[PDB]
Peer 1: 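Once you've had a glance at the structure underneath, I'll fire off some questions.
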4 protein chains.
Amino acid sequence: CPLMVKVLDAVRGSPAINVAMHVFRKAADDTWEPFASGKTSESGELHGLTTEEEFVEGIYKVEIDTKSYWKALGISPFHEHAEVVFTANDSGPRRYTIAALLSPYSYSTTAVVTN
Amino acid sequence: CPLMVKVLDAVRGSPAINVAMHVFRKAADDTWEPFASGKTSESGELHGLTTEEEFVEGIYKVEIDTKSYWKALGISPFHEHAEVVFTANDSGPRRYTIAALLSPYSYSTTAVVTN
Amino acid sequence: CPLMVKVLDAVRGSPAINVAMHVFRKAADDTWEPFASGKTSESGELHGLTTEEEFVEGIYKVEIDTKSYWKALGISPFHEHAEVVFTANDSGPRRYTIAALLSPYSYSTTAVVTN
Amino acid sequence: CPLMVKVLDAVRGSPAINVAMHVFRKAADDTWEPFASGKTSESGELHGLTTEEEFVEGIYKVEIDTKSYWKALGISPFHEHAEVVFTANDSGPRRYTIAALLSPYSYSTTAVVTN
Ligand SMILES: O=C(O)c1cc(-c2ccc(F)cc2F)ccc1O
Ligand SMILES: O=C(O)c1cc(-c2ccc(F)cc2F)ccc1O
């Protein structure tokens with residue numbers, strides 16, 4: 001599993017469950033092409049987005065639909081979404097864990113990159 | 001000054017100086033139109049991006065070139081940039097301060113909305 | 001003003017106003033001695049904690065009463081308080097700004113050290 | 001496992017390995033009594049600090065020795081340690097995951113509380 005995302009809710013102190021996200025890869029013509037998508041599980045985790053063979057060098061974008069998450073809890077948040085944009089695998093294949101911590105007016109994202 | 005950005009460096013404990021950023025507004029045709037831009041000052045702050053008459057309701061994107069900042073310090077970063085996307089909505093007088101805290105593999109952004 | 005504290009509320013996107021905090025300095029006998037205290041202003045800031053002559057090298061602790069802040073808003077928090085412990089060291093002129101970003105189950109603190 | 005701690009390094013984008021931490025419980029005489037301690041593993045995790053029977057209602061303090069971690073990497077950091085203080089189990093037994101994200105001049109801590 002070369003790409004995993006974990007999302008946490010800083011207001012309730014819980015995993016952020018059923019959070020949708022879309023992954024894009026920058027194409028040759030400088031456009032964002034859809035690549036994968038899914039929703040976080042009861043543990044706040046989204047696995048199985050891609051495979052080693054499919055996850056080639058490139059620039060990737062993870063767009064996390066934080067607004068729909070907060071609206072479902074009755075909170076009108078600041079951000080439309082949380083976007084993580086990064087170059088992947090340019091020194092060789094790596095495993096990426098993207099962690100996102102959500103508040104209505106704030107978010108933090110961090111990457112753990114292992115071999 | 002209805003829109004201000006402040007950027008901080010978590011590795012050196014300093015304002016992040018000379019950080020470039022561009023502000024975009026979502027057009028009717030779902031495209032991002034350039035709106036404003038600048039570089040942070042010695043205090044890590046960018047002022048004067050827009051005016052009250054110009055800063056109307058809409059969806060805005062602030063793209064902060066964090067990668068160029070870390071490259072200038074010789075540090076290898078994860079993110080291509082830090083992106084803040086939000087709807088601006090005047091429910092009464094509102095000033096927006098976007099704060100971004102930068103580390104090579106992590107960033108946090110928060111909005112302070114005042115009257 | 002060699003030492004300033006700023007506190008922000010990630011749930012409401014506002015300065016955290018009327019937040020009490022105490023500053024302690026580590027004594028020779030490894031005990032915490034009260035040093036300064038106050039409450040944040042309408043801007044979320046606390047100034048005038050100490051002076052240049054008084055703020056000597058040593059180990060300092062800032063204890064921010066985050067629990068009372070969340071209780072005043074009717075929100076159930078995790079932490080008893082947010083604690084920032086640090087050594088102050090003049091290697092040349094140094095001013096310290098401690099920034100704290102508060103959520104009910106999370107807090108972030110950062111130091112900006114300027115000349 | 002009622003209490004787990006995970007620590008991440010925001011400069012290297014990796015788990016923070018071999019990070020020491022001590023857990024204290026506030027005693028009847030308002031003193032902090034040592035309770036448990038350990039070091040994070042290669043995954044940045046510390047498990048097995050306590051048991052359900054031992055982890056009674058109370059106020060707990062987790063002191064993470066972040067300074068020794070950064071010094072071992074040749075970085076002089078701002079904080080002496082990262083302290084997480086909280087009331088545990090006052091509505092019944094819970095499982096607590098404490099997550100800490102470390103930078104030389106900043107840290108964030110978050111709690112995930114599950115039944
Ligand atoms: O770790 C924090 O407490 C923190 C602090 C800031 C911040 C810093 C300095 C300042 F003048 C204003 C701020 F919002 C911005 C983001 C952030 O996460
Ligand atoms: O407050 C923090 O220290 C923090 C923690 C995480 C995080 C999330 C999930 C996880 F399994 C480990 C983490 F460190 C993600 C972001 C973050 O700011």
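Chain naming here is simple, since letters A, B, ... match the order of the sequence lines and numbering starts at 1 in each. For ligands, and for the atoms within them, numbers begin at 1 and follow the listed sequence.
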Peer 1: List the chief contact partner of ligand 1 in this entry, with the name from the PDB entry.
Peer 2: Transthyretin
Peer 1: Not sure I'm reading this right - what drug is at ligand 1?
Peer 2: diflunisal
Peer 1: Which other chains line diflunisal (ligand 1) with heavy atoms at under 4.0 Å?
Peer 2: B, C
Peer 1: By chain and residue number, what forms the binding site of diflunisal (ligand 1) with heavy atoms closer than 4.0 Å?
Peer 2: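 Within 4.0 Å on heavy atoms: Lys6(B), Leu8(B), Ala99(B), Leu101(B), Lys6(C), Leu8(C), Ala99(C), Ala100(C), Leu101(C), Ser108(C), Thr109(C), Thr110(C).
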Peer 1: What is the nearest protein non-hydrogen atom to atom 2 (C) of diflunisal (ligand 1), stated with its residue, atom name and distance?
Peer 2: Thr110(C) OG1, 3.5 Å
Peer 1: Short list, please: which atoms of diflunisal (ligand 1) are under 4.0 Å from a heavy atom of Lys6(B)?
Peer 2: 10 (C), 11 (F), 12 (C)
Peer 1: Identify the protein heavy atom lying closest to atom 13 (C) of diflunisal (ligand 1), giving its residue, its atom name and the separation to 0.1 Å.
Peer 2: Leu8(C) CD1, 3.7 Å
Peer 1: What atoms of diflunisal (ligand 1) come closer than 4.0 angstrom to any heavy atom of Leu101(B)?
Peer 2: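 With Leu101(B) as reference, the close atoms of diflunisal (ligand 1) come out as 1 (O), 18 (O).
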Peer 1: Is the closest N or O pair between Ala100(C) and diflunisal (ligand 1) shorter than 3.5 Å?
Peer 2: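 Between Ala100(C) and diflunisal (ligand 1), an N or O pair is found under 3.5 Å apart.
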Peer 1: What do you see: which UniProt L-thyroxine-binding residues in chain C have a non-hydrogen atom under 4.0 Å from diflunisal (ligand 1), if any?
Peer 2: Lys6(C), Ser108(C)
